[PDB]
**Q** 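Looking at a model with novobiocin; I have a few questions.
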Amino acid sequence: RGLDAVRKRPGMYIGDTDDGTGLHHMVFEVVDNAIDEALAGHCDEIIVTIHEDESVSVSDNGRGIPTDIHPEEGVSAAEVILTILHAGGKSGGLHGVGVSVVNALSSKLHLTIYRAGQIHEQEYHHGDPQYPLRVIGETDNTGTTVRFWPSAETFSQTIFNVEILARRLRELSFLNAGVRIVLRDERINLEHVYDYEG
Ligand SMILES: CO[C@@H]1[C@@H](OC(N)=O)[C@@H](O)[C@H](Oc2ccc3c(O)c(NC(=O)c4ccc(O)c(CC=C(C)C)c4)c(=O)oc3c2C)OC1(C)C
């Protein structure tokens, strides 16, 4: 029920769902979550991939979203982040809502966390967890990957424009010294790297 308010008023949260601004806002909200991990001093690389299947991945080398079950809540902290709107201040719509809104408006979302020597994943359909967050391997790395398929029920157009993403990612690179920002478009075999060390 945590995501019901977003399913009911997608436009209020993400912006215009027709003109493509709301659609690209979905990527920017996930990137903003990775930028916060960089501002916290924990992340210095963010990779945005537009996939052949038209889904988008955002991967960071941050701490990784915490995976521990808060008995209070009964589920992994990550599931709380993905299925409950935060309480802080917040293309039209709201700026800084983060991944909960993106989850709600995605037909599918796949979460991978690299944390505490372990690889954890969870899948959502339209914001509903399909199974509890689970361990699937070991890793020496840390960070978070969010891959999402924006809902064809919510957005009249679902094809990401590599130029709109590239232009905003260059602004963010300039605004965030020391963060290596990579954009990959597998549809056209493009890679851009923006690295402003300052
Ligand atoms: C979408 O998640 C975002 C994160 O996005 C990314 N890409 O990392 C990032 O923006 C930021 O991530 C934080 C924000 C706060 C803490 C944080 O305070 C940590 N400190 C702890 O000792 C800790 C350890 C376990 C634990 O369950 C929690 C609370 C869990 C939270 C805040 C989800 C905190 C920690 O390890 O990781 C943190 C992380 C990874 O805030 C989220 C979780 C909403």
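Starting from 1, each residue takes its place in the sequence as its number. Atoms within each ligand, like the ligands themselves, are counted from 1 in listed order. According to its header, the structure was obtained by X-ray crystallography, 1.9 Å. Atoms considered below: every heavy atom in the structure, side chains included; atoms not considered: hydrogens, waters and symmetry mates.
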**Q** Of all chains near novobiocin, which one has the greatest contact count, and what is it called in the PDB entry?
**A**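 Main partner, per contacts: DNA gyrase subunit B.
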**Q** Which residues count as the binding site of novobiocin under a heavy-atom cut-off of 4.0 Å?
**A** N33, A34, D36, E37, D60, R63, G64, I65, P66, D68, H70, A77, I81, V99, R115, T144
**Q** Would you mind running through novobiocin and noting each atom that sits below 4.0 Å from a heavy atom of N33?
**A** 1 (C), 4 (C), 5 (O), 6 (C), 7 (N), 9 (C), 10 (O)
**Q** Considering only heavy atoms of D68, which atoms of novobiocin have at least one such atom less than 4.0 Å away?
**A** 25 (C), 26 (C), 27 (O)
**Q** Quick one: which novobiocin atoms are inside 4.0 Å of a heavy atom on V99?
**A** 1 (C)
**Q** If you count the atoms of novobiocin from 1 in the order shown, which ones are under 4.0 Å from a heavy atom of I65?
**A** 1 (C), 2 (O)
**Q** I need the atoms of novobiocin closer than 4.0 Å to a non-hydrogen atom of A34, numbered in the order shown.
**A** 7 (N)
**Q** Looking only at protein heavy atoms, identify the closest one to atom 15 (C) of novobiocin and say how far it is in Å.
**A**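 Checked against all protein heavy atoms, atom 15 (C) of novobiocin sits closest to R63 NH2, 3.8 Å.
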**Q** Heavy atoms of the protein only: does one fall short of 4.0 Å from atom 13 (C) of novobiocin?
**A**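 Yes, there is one.
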**Q** Establish whether atom 19 (C) of novobiocin and some protein heavy atom are separated by less than 4.0 angstrom.
**A** yes
**Q** Do any non-hydrogen protein atoms sit less than 4.0 Å from atom 41 (O) of novobiocin?
**A** no
**Q** Using a strict 4.0 Å cut-off to heavy atoms of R115, name the atoms of novobiocin that fall inside it.
**A** 24 (C), 25 (C), 35 (C), 36 (O), 37 (O)
**Q** Kindly confirm or rule out an N or O of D36 lying under 3.5 angstrom from an N or O of novobiocin.
**A**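 N/O-N/O distance under 3.5 Å: no.
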**Q** In the protein, what heavy atom is nearest to atom 31 (C) of novobiocin, and what distance, to one decimal place, separates them?
**A** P66 CG, 4.0 Å
**Q** Can you check whether a protein heavy atom sits less than 4.0 angstrom from atom 27 (O) of novobiocin?
**A** yes
**Q** Can you sort out which atoms of novobiocin are near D60, meaning under 4.0 Å from one of its heavy atoms?
**A**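 With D60 as reference, the close atoms of novobiocin come out as 6 (C), 7 (N), 8 (O).
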